[PDB]
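Data first, discussion second: the structure below is written as structure tokens.
Chains: lettered A, B, ... by order of sequence lines. Here chain A follows the PDB entry for its numbers: 1-11, in order, are the residues you see. Residues displayed in chain B correspond, in order, to the PDB entry positions 3-166. Excluded from the calculations below are hydrogen atoms, water molecules and symmetry mates; all remaining heavy atoms, backbone and side chain alike, are included. FYI, non-standard residues read as parent or X, and their leftover atoms are not counted in contacts.
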Amino acid sequence: XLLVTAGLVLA
Amino acid sequence: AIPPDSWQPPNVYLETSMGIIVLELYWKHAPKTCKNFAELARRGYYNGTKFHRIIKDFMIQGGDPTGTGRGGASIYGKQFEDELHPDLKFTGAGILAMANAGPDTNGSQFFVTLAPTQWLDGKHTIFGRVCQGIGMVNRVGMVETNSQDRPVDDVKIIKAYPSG
Ligand code: NA
């Protein structure tokens, strides 16, 4: 999907 | 040591392989986050790095010197706190904000939005916006990416620096 992570990127 | 609070360069420039983006910082709302970003830029920490993750009509993400998306560190010696404000919302393109891995996990990675992204409200520190170069940012957002949302041709930050 639409996240802005750092390490575990999600859908 | 960290710069003194008196040091508030109004701008950070990103000289990218596609041109210059002029960011203006929200020192009042996000003093710790602005200090971090401007100081990392001043140190050359972002020089030669890339936007490792770009998603059309969403955002461009960078700030990791390893380029993996897993790295980067702040000027504080530890990941630092969010500086959230209900009245700073993700209302449109050009907003500068921190990437993270949960609450109070700010490092060096950041993003610039390409459209409204209000589902991020209250989860990422907003600490500035594009004053000049939004046309460039719009174009950067359209670059072809692979299945991992990595640009197929590197979009580099050649140099980043605060106002002198
Ligand atoms: Na202070």
Which one of dusquetide, vasopressin, Hirulog, ristocetin, ciclosporin is the drug located at chain A?
ciclosporin
Quick one: what's ciclosporin bound to in this structure? I mean the chain with the most contacts, named like UniProt names it.
Peptidyl-prolyl cis-trans isomerase-like 1
Which residues and nucleotides from other chains come within 4.5 Å of ciclosporin, counting heavy atoms only?
B:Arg55, B:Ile57, B:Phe60, B:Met61, B:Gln63, B:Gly71, B:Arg72, B:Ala101, B:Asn102, B:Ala103, B:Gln111, B:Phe113, B:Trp121, B:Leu122, B:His126
Pick out residues of ciclosporin that reach chain B with heavy atoms under 4.5 Å.
A:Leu2, A:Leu3, A:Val4, A:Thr5, A:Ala6, A:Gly7, A:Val9
Name the UniProt domain of chain B that holds most residues touching ciclosporin.
PPIase cyclophilin-type
Considering only heavy atoms, which residues of chain B annotated by UniProt as cyclosporin A-binding lie under 4.5 Å from ciclosporin?
B:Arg55, B:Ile57, B:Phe60, B:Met61, B:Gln63, B:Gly71, B:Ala101, B:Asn102, B:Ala103, B:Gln111, B:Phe113
